[PDB]
Amino acid sequence: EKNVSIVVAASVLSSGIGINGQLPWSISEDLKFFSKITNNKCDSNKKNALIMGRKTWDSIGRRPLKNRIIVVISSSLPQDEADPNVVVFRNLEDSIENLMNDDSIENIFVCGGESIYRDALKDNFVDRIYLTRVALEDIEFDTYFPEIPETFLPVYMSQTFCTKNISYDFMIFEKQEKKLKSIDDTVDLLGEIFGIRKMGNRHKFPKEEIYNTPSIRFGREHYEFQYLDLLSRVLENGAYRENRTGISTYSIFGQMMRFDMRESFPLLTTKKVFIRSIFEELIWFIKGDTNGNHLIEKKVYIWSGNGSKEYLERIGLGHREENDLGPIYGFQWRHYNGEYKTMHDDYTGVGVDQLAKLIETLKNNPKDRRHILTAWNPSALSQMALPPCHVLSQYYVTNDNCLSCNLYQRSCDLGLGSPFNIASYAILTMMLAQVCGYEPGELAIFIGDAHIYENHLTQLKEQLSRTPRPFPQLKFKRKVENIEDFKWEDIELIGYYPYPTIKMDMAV
Amino acid sequence: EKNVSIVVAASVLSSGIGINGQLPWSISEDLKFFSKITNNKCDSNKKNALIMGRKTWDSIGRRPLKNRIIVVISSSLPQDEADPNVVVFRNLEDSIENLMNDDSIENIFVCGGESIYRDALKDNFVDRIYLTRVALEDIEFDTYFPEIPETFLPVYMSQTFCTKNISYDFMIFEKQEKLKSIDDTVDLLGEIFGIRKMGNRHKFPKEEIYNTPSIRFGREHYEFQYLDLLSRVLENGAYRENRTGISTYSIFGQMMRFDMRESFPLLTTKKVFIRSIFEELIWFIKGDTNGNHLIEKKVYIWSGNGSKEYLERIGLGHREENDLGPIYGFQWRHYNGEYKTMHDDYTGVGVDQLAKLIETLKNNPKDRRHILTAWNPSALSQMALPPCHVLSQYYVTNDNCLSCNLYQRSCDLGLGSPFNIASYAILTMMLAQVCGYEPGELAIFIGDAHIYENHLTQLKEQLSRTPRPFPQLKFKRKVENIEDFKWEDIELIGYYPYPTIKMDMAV
Ligand SMILES: NC(=O)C1=CN([C@@H]2O[C@H](COP(=O)(O)OP(=O)(O)OC[C@H]3O[C@@H](n4cnc5c(N)ncnc54)[C@H](OP(=O)(O)O)[C@@H]3O)[C@@H](O)[C@H]2O)C=CC1
Ligand SMILES: NC(=O)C1=CN([C@@H]2O[C@H](COP(=O)(O)OP(=O)(O)OC[C@H]3O[C@@H](n4cnc5c(N)ncnc54)[C@H](OP(=O)(O)O)[C@@H]3O)[C@@H](O)[C@H]2O)C=CC1
Ligand SMILES: C#CCN(Cc1ccc2[nH]c(N)nc(=O)c2c1)c1ccc(C(=O)N[C@@H](CCC(=O)O)C(=O)O)cc1
Ligand SMILES: C#CCN(Cc1ccc2[nH]c(N)nc(=O)c2c1)c1ccc(C(=O)N[C@H](CCC(=O)O)C(=O)O)cc1
Ligand SMILES: Nc1nc(=O)c2c([nH]1)NCC(CNc1ccc(C(=O)N[C@@H](CCC(=O)O)C(=O)O)cc1)=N2
Ligand SMILES: Nc1nc(=O)c2c([nH]1)NCC(CNc1ccc(C(=O)N[C@@H](CCC(=O)O)C(=O)O)cc1)=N2
Ligand SMILES: O=c1ccn([C@H]2C[C@H](O)[C@@H](COP(=O)(O)O)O2)c(=O)[nH]1
Ligand SMILES: O=c1ccn([C@H]2C[C@H](O)[C@@H](COP(=O)(O)O)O2)c(=O)[nH]1
């Protein structure tokens, strides 16, 4: 018995695989992939067979593929042995029987053509599916990959990769089929005896009804799962608790998330994330601005709630003007320890400029272990509309000249805050990198109180039902000399195809 | 063919399993284990059989064990027919013969006796060994569990558990003999992208540097949290120079978890000197920055960075020897206080975070703002050394335990890390006592996790020893103020470490 699996690359949304007899894109790595997986075998004396429609044969240029034996499906072509490494069959049904014969053939691959895919599937001929998702969407297709039958389940999803600014993705699907205990049993019993006295019971693995893409058990490589799985983890273990807002949450303490920034930009796809607001709040921080009006003026309202007259009055800052947030994130970054008056005052030269120092240090002493930025000032906490949630960040230059960032975040609203925080510190690191002459590295976020407000429960359940797509790419149109110079127009987001936005009320 | 497992509870160091015909300790949970493990079966119509020597039959009361069939090995006991759930045999070989029928009998267990354990092993009878390590030594034993054969390799090690202040854990040993689908794809994809695929930047450690390699899916003992971060840098650590003369191997952004409910995370694979740790902690707590006061008590961990040759080198030779400046203690009690010298009276100067902390944990426990920090941009220049364990957060569970999170920007795995873990396990226990809570969990998030090149051979020495159960740490009395804690107030129970490992600090 031998294996027969499909290999294909289609657009992420509509699954387009071709146009005018050609691929709709040019990605080396993907072909290098097709080659690697297609030649993969363990019997030297044997070879793999690659079935393909005639038109695809025309696209390949009718030349053989090294170490393999192409197999064309055509109504009209000769069965001669001009080339031993190429055979032809009148139909796909018959094309199978490489099993029946050819102990010289180890594995079979359907390299397709739409018609051929749609039949290999229709007749239950295929076992596995190697699918390369390409974030190239808005563009003419004449050939598409058939909708995957529900008898298949994804078991692997790779991280996102980049080529010519195009994001993409390797997935594997498999068909469903019928029907050492010692450790699991011992641990279970030990769990019955000790209850929550055994830490493991305090960190129970998420039940599948709340596990994203459950079928992917050992292949959760997409680093978007770092966020989706945290969501699951708290949905499963989160203790119910009251808080200052009056809207209770489910909270666990001390989690982590890593994201790569070398090959892509971590902007969540399982829901539409509004990146106009993340960047805008970012330079707003970078410039050391604490006037919430400047934000509202650019139609960004994320700080209105904690800026209103009532709330300010409620927390004892009734003297402030309608949106004077006090010495929050911006102020601490540019003027740590500055004596704060109002948002109208000029703070030029007052306080310690950490961002400026960070940059001068990253350039001059890169391997220095003190690249730190903090917003936690005990002396100023009472003047802040809100004490800083993402509390301090550390920056780290690799030997191969990338800039990575670590951020501890005391309080994290998984539904509303986190997506923003991820995109933000990714952008900040990139900006920092360009300005210091580096490439983006990795992003790691350490969370203290990781929670999900109880009025976000059905919305997050919704998001958890959507399988993640490839992360988009983010590029700067120009190299600026001063970090405080970036503008929205300077930003280019390439290949972002999120699921629909999901409304979620913030708790003031 | 049927499974044969041993079940035993022996002391961690000398393998003592008995004294004067009875167990040398009383641990309820362990018996519950024995009961659950030996009762565990698939077929309801079948039963398991427990083999034991006559003396064990004696100590067991000579009454049957519910739901199971006892098999007594005795040369003398009368082979009657009376109790259906108990049988006697004249030798081990013959009892096997459980294996050949009683298909009623699903699984087999050797519940031992020094003589029976020794024989089940000597004759290649056992497939598995369930071993409860009890952290009790320095007490008489007249019976022992034999030495584990080399044909056996550990596959599981539970976290440390606590009963009547006694530390203990659970292990499993297997015997040796002679879907790549996803893994193949990842390999190939790795070939194609190299360092571009994040996974290649985080390679799994080679087993030559992995502690106790046999335990693949069962490294539950959270000594592994540290030991594994160690081998993880050993595998990916980028060689790089540093302020000091000694280069380092490092990776960025790591984390470790530790349970503090059933045990105290004091590393066992190497003797850790907790006393210096304690003395440094109250020193911090007091808000003291005087390196002398530390040297006073024979604690020199800070002399290195307190020497005039060092203070001179960093442009601080302007002050007395060992006047470290506004460092940990000063920022904790007197954050943003204007530092002068280690002698002035700072009463009232600066924000008292430690005080606020205790007041908040008590008055508002669910509050998401229990933070303690040491990173003060304005003071960094006056410090003999900038803070390394930089800021922590504290957390009150609904079940009244206190958890702590720590972020170290810089972390010397061989020397500092072991100290930081213990230090904060203590600080959290203190806070919890003072605030009326129980110890919770400890998580350490690291920035620059590194290993100084002059520690390589020592750390590989450490990675060669299999971890032992964590000990327990108890306070002898309840204190009024958190700064009333004294060394004698601390009680370290059940700490049996491997020999200490000498490592030099990079000044
Ligand atoms: N992105 C990706 O992963 C891939 C994309 N592609 C793209 O797909 C396109 C080709 O798709 P498609 O148009 O389907 O062409 P195909 O490669 O599927 O070729 C179809 C041809 O195969 C023969 N054939 C098909 N069905 C039968 C049958 N039932 N019995 C006998 N012969 C049969 C016929 O040729 P005849 O008339 O000679 O009998 C038919 O014209 C190209 O644009 C190519 O670039 C191709 C492979 C992979
Ligand atoms: N920690 C733990 O998990 C356990 C500890 N223990 C401890 O171990 C001690 C008992 O061990 P031990 O002293 O070895 O006594 P055992 O329980 O091993 O029994 C020894 C007796 O078994 C019979 N016997 C043993 N070997 C043979 C043989 N080869 N042929 C015929 N008969 C044999 C003999 O009985 P006879 O004289 O009738 O022929 C012998 O006197 C107790 O102190 C108990 O507390 C026991 C079980 C578990
Ligand atoms: C972190 C952070 C920054 N912040 C600051 C901020 C301030 C107070 C907070 N308070 C609470 N309880 N949770 C938060 O996430 C939070 C976040 C945010 C504030 C609001 C939204 C928000 O409601 N976002 C909507 C976007 C609406 C839109 O952009 O049009 C969303 O659907 O995501 C996001 C981030
Ligand atoms: C973290 C921290 C606290 N500190 C403070 C401290 C200060 C500067 C440092 N510098 C460097 N490079 N590494 C450190 O771990 C370090 C630690 C420590 C200092 C010394 C030892 C140490 O040498 N411990 C013993 C040796 C001394 C003894 O015998 O007691 C050991 O061999 O383990 C441990 C912790
Ligand atoms: N995943 C996937 N991607 C594809 O582009 C693809 C596919 N599958 N299946 C069939 C197909 C049809 N088109 C093509 C085009 C070129 C080659 C090809 O050049 N194969 C050589 C490439 C050598 C290389 O790039 O290293 C091979 O050696 O496999 C194969 C199929 N293309
Ligand atoms: N791991 C281990 N610990 C032991 O103490 C132990 C062992 N294994 N193997 C054999 C043995 C011999 N002594 C004893 C003493 C009492 C019981 C006993 O009464 N067992 C009951 C306990 C029920 C309970 O405590 O919940 C049983 O139901 O099995 C068994 C063996 N003792
Ligand atoms: O950058 C931010 C701003 C704050 N929040 C969330 C954390 C909490 O849900 C709330 C802050 O409330 P406190 O933890 O301070 O009570 O807003 C974030 O997640 N990230
Ligand atoms: O609590 C501590 C005290 C400092 N060190 C180590 C970290 C480095 O090995 C060295 C300080 O190096 P810098 O990052 O400050 O250059 O001391 C620790 O690991 N933990």
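Residue numbers start from 1 in every chain, and the chains themselves are labelled A, B, ... in the order their sequence lines are given, proteins ahead of strands. In what follows, every heavy atom counts, from backbone to side chain, and hydrogens, waters and symmetry copies are set aside. Read the numbers this way: they start at 1 and go in the same order the structure lists the ligands and their atoms.
The chain that ligand 3 touches most here appears in the PDB entry under the name Dihydrofolate reductase, DHFR. Notes: drug at ligand 3 recorded as CB3717.
Other chains reaching under 4.0 Å from CB3717 (ligand 3) with at least one heavy atom: A. At 4.0 Å, heavy atom to atom, the residues around CB3717 (ligand 3) are A/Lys271, A/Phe274, A/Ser277, A/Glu281, A/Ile302, A/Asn306, A/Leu386, A/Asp413, A/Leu416, A/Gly417, A/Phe420, A/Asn421, A/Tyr453, A/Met506, A/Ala507. In this PDB entry, no covalent tether of CB3717 (ligand 3) is modeled.
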